[PDB]
Each structure stands twice: as structure tokens, then as C-alpha cells.
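First comes the structure, then the notes that go with it.
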Amino acid sequence: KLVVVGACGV
Amino acid sequence: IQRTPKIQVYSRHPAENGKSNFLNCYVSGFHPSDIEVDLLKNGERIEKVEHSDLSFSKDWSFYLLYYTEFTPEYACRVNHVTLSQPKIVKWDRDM
Amino acid sequence: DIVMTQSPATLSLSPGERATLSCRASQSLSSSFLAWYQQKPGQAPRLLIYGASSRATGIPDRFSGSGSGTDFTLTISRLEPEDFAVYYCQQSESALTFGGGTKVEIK
Amino acid sequence: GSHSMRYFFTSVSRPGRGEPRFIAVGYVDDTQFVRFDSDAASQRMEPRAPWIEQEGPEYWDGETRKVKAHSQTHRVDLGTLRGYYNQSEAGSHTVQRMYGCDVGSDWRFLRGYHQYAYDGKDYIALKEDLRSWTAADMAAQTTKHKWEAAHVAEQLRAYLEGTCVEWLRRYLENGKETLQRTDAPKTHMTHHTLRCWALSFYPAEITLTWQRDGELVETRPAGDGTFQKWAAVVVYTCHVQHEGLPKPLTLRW
Amino acid sequence: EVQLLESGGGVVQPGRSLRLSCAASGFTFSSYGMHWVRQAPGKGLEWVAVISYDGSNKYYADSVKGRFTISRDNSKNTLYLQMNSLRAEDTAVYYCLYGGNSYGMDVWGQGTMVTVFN
Ligand SMILES: *CCC(=O)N1CCN(c2nc(OC[C@@H]3CCCN3C)nc3c(F)c(-c4nc(N)cc(C)c4C(F)(F)F)c(Cl)cc23)[C@@H](C)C1
């Protein structure tokens, strides 16, 4: 499954 | 950061005359992502090309697989920013 | 944050008349995550449309949903006396967000 | 053998043709099992393996939510990175992100990856300790400081250690017929220069060598879940070593 | 028969905590994420909180952030909402909802009233 939190980038 | 794609043309199964098979062109190690890959028979492009969806390797360069139905000249034509002129690679049974 | 604006705020239609309600999303939405609910004055909300186009179980044929992207619409082909309630639009792509709600009343 | 799950995300900025194009792919070992394309009509996570279709619609709902969140993040990321680099708005730019986990033969956690690249060059890489970042250029310092202020390293570490490993185990158990399979490479020699061919094997890891008294091509997908490779030497035995081979094979003309 | 039943609502003075409990019967509670949604009397529906199927991921609205805590316990098949520092803005009818999906299955609780005054 894809990650929920931590996808925030740059 | 521009990278010249590497092109490989091959059949899914060992080519035999009068047998159903799949012609594949594999383009690997290019940047940027955009690229034009057309499989052509006797110099005429096949309209029924279906390609695997985009991905990349560890070194951040992409690869794609364009495959069609056929029966064993066929070739793969690749156009990219690095290539000044579109590059044709002719399919052959031996290698 | 996703913001859904519903129009009109209120609807004044006689029974048997066409009803069109609009829900506009702040950003582009997957069409599979929009839903349309009907709430009576004294009950809990009831799901009419899911997926912006598919009716739920036991929903009359007059209810229909359409649209994609940012703008969506709900249409009642022929109003019925029981169809007068408050209609909300909901998105579920990120968290949940209900619209303001359009109340339809008899003229 | 060690099995790995990876996710690759590519976001390409289109100058005026519309919103940037976003593609997400999920791989278990060398087999793709999901796919998201921004320009596809469905705009949902699509299955690309027979076993993954067994998952209920709530799984696809969650996957679509996560992948659209990733799409929005990358769409913002292109603009913020162009601002960081002070680049012109005219050119197109590419952003790549890869993350995943590995499990050993004992199916416990062994390694975790998180990597972010801008224009085909490394930008921000989670270290092997899984508690720190590696930043190369000046904008990468700002990105690292923002990420550390967001405490995202701990969340990513927790994900990679627990959720990625557990769901990799679940996927492998579901796909025992396909994912947990080794195919012996069918090997044969052609003489013209001798070309040693290994065809229809899985996984893609193979080693072909040529010895005299003791060219190569990257393994290409056959298209049906198996791979091909060949090694040619111009004139002597070809030795093929594979995971599915009890002992490596030797071929002489 | 699918059913959601909520208890714990009543009159509360400001600045005090209240607990809401929603019990689910007739469907696999452990697989789905659940929402708490409130409606002020005469006002439109407002989303309050959401929790995932593990209980690992929980999110709250901007208005109720920092004072509301959502929880779930799959052993007793229960979904709890703990409301702290209740104010005059927090009066509403609360519902526990299994919805916000694409396959069209939704269940709404009866809804319990939370009123804040002295
Ligand atoms: C840093 C990673 C990132 O980009 N995000 C943004 C998207 N996201 C997220 N964020 C919220 O917050 C809601 C905000 C805060 C208060 C105001 N409001 C707009 N909520 C999320 C969710 F509720 C979900 C979610 N949604 C539904 N419908 C069901 C379920 C089970 C969930 C969830 F899994 F989270 F439990 C999601 Cl998927 C994401 C939400 C994060 C990814 C952080």
C-alpha cells in the first residue's frame, strides 16, 4: 500500500 | 542530463515462420521521459501498438516496452531529444 | 482543503417540475468520490447518488447525477410531494466535505 | 529469496499543454501490480496483476485517495522546486520519487528506500539508518530543513518498517502461484561469434559469463512475465547462473 | 441488519469533556474507516473526524482540531469520540457514519444531541 503521511515533498 | 535511449527489438517467443508471436521494442536509459517509439512493418507503422506504462530504474532513467501481435521486415523507430535523426533498429531472427 | 459550493441556496418549484442542483469543487475531483444525499426535516441523511452517476439501492428513476472534474449536477426529472427536502453534495477523495445544501420548497 | 515492494512516481511539467502529467507504478519483485495515470479516464488505481484484483473495493478506494494525494503533492512540488532553483517557466522539468521495502528469506524487514530526484539527478535520499536525510545541492538543504521540521522521517520509517513489510507479506501469500516462482532459464547456443541465450526465466536476476580455458544486453522483459538475455563473444564455454538453477549450466558448441 | 447506535449525548456546560460511543452491528466493522459528522440545528452537515480501519490514521476538522479525539476498538465493535473544552459552537446533532466510498454503501447512526449552555 502507498504511504499516507510523509508523501509531502519539498 | 540528456540520455540517449538504448533500443532492443526481439520476439516474445523464438520466431518461426507462420506462427503467432509478439514483436517487442525495449527502450531503456533515456531522459527526459518523452519519447516516440513506433513498430513498423516493411516501413509502414503498425497502428495497434500497446506499450507498458512508464517506470524507471535506480539511476532515474526510464524504460518502455512497445509490443504488438505479428507472424514472422519489422523494425522499431525511436525519436528522442538526444537523437538528431530518428533511429531505426531492424528486427532480425538471429539476435 | 477541498471546498464545495452548492447552488442555488433554495429552490421554489411546484410539484412535477424539473429540479437542477449544482455542486462545484474548489479543485479537480475524481468522479468516483462524489455523492448526493437527501435529508428530510426530521430524519438522518439518505444517500441518493454515489460515484456522481450511480443511483443507490431503492432510489426512484427520477434522480440522476452528472458532471465531472469540478462541476457536478443532480437532476430530479419530475418532482414528487415526498421529494421536498434538503440536498447535500459530498466529496470523499480527501477527508469529507458536505455542501451548503439546497432546500427545495413548494411555491 | 528476498522479495521487495517498490513504488515509482513520475511527474512531468507540461508548459501550457495542461496540468503536469503524473504516473505511479507499484512493483512486487519484477512484477507490476498497480498503475495510476493522470490522463486515464478512470482516474483510479488500476490493477495490473490477476491476484491483486481479489482485493475489495475499499482497498481501491484507499489506494486512489493516496495516489491522488501524491499527485497533488507532486504538482505543487514542481512549482516549488522551480522556485527554489530560479528556473524559467518555459522549460519542462521532471520529478521522480521511489520508495519501498525489502524482506529476506525469513520475511522480516531488511532494507527500506525513499528517494527523490529532480531533473534526473539525486535531490533528497533517506539514509540507510532511516532517521536522517541526504541532501546534495543548496535547495536540498531547505527541503531537508522543511522535512525535518515536519518530522516526516519518523513517519516514513514507521511506514517502511511495518506497513510495507506486512502488506508485502500479504501480497506474496496471495500471489504464491506467481510471485513465489522460479523458472529455469532455457539456454541454448547460436554460432555465426557465439551467442549464448537464456530465455523465459524469473526473476530478472541472472549471470551469464564466457570463459576461455576457465557483449552483453540488459535483461529484457519477454512480455509474458518472463525475461530474456544473451551474451555474445567473437572468436570457450558459456556459464549461466540463476536462482532457479540448482547448479549453474555450462554450454559448449 | 446493518445498524449504528450512538450514546453519550446530553446537556453539558462549557469547558467540559463528553464521550460519544457508536456501536455497529451487522457488518464487518474492522475493515472500514469511520466518520463522525455533526449538524447544527437548522444548519448544513459538517464533517468532524475520520479514522482509518487500523485506527492508525485519524484526522479532524479545522474547527475541532486540538480538542477532539477519535478512537475505535474492534474487539467490542465500537467507535468513540472524546470532545474536550466544549464551547457554545459545539452544540449539534452528531452522527457516526460508515460512508464516503465509491461502491454506494452508507450507514447513518440515529444521531445524539450535544447542547452547550449553563
Ligand atoms: C503530508 C501528506 C499530505 O500531503 N497530506 C494531505 C492529505 N492528507 C489528508 N489530510 C486530511 O486532513 C484534512 C484537513 C485538515 C483539517 C482540514 N482538512 C481539509 N485528511 C485526510 C483524510 F481524512 C484522509 C481519509 N479520507 C477518507 N475519506 C477516509 C479515510 C480513511 C482517510 C484516512 F486514511 F486518512 F484516514 C486521507 Cl486518505 C488523507 C487526508 C494526508 C495524506 C496528508
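Proteins get letters first, then strands, A, B, ... in listed order; numbering begins at 1 in each. Note that these values count all heavy atoms, side chains included, but never hydrogens, waters or copies made by symmetry. First listed ligand is number 1; within each ligand, the first listed atom is number 1.
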> Which drug name is given for ligand 1 in the PDB records?
Replying inline: divarasib (bound form)
> In this PDB structure, which macromolecule forms the chief contact with divarasib (bound form), named as in the PDB entry?
Replying inline: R302 Fab heavy chain
>> Any idea which other chains come under 4.0 Å from divarasib (bound form), counting heavy atoms?
In response: A, C, D, E
>> Mind checking the PDB entry for the source organism of chain E?
In response: Homo sapiens
>> Just wondering, what label does the entry put on chain C?
In response: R302 Fab light chain
>> Could you peek at the entry and say which residue and atom carry a covalent link to divarasib (bound form)?
In response: A:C8 SG
>> Okay, heavy atoms under 4.0 Å: who's in the binding site of divarasib (bound form)?
In response: A:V4, A:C8, C:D1, C:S92, C:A95, D:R65, D:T73, E:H35, E:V50, E:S52, E:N57, E:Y59, E:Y60, E:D62
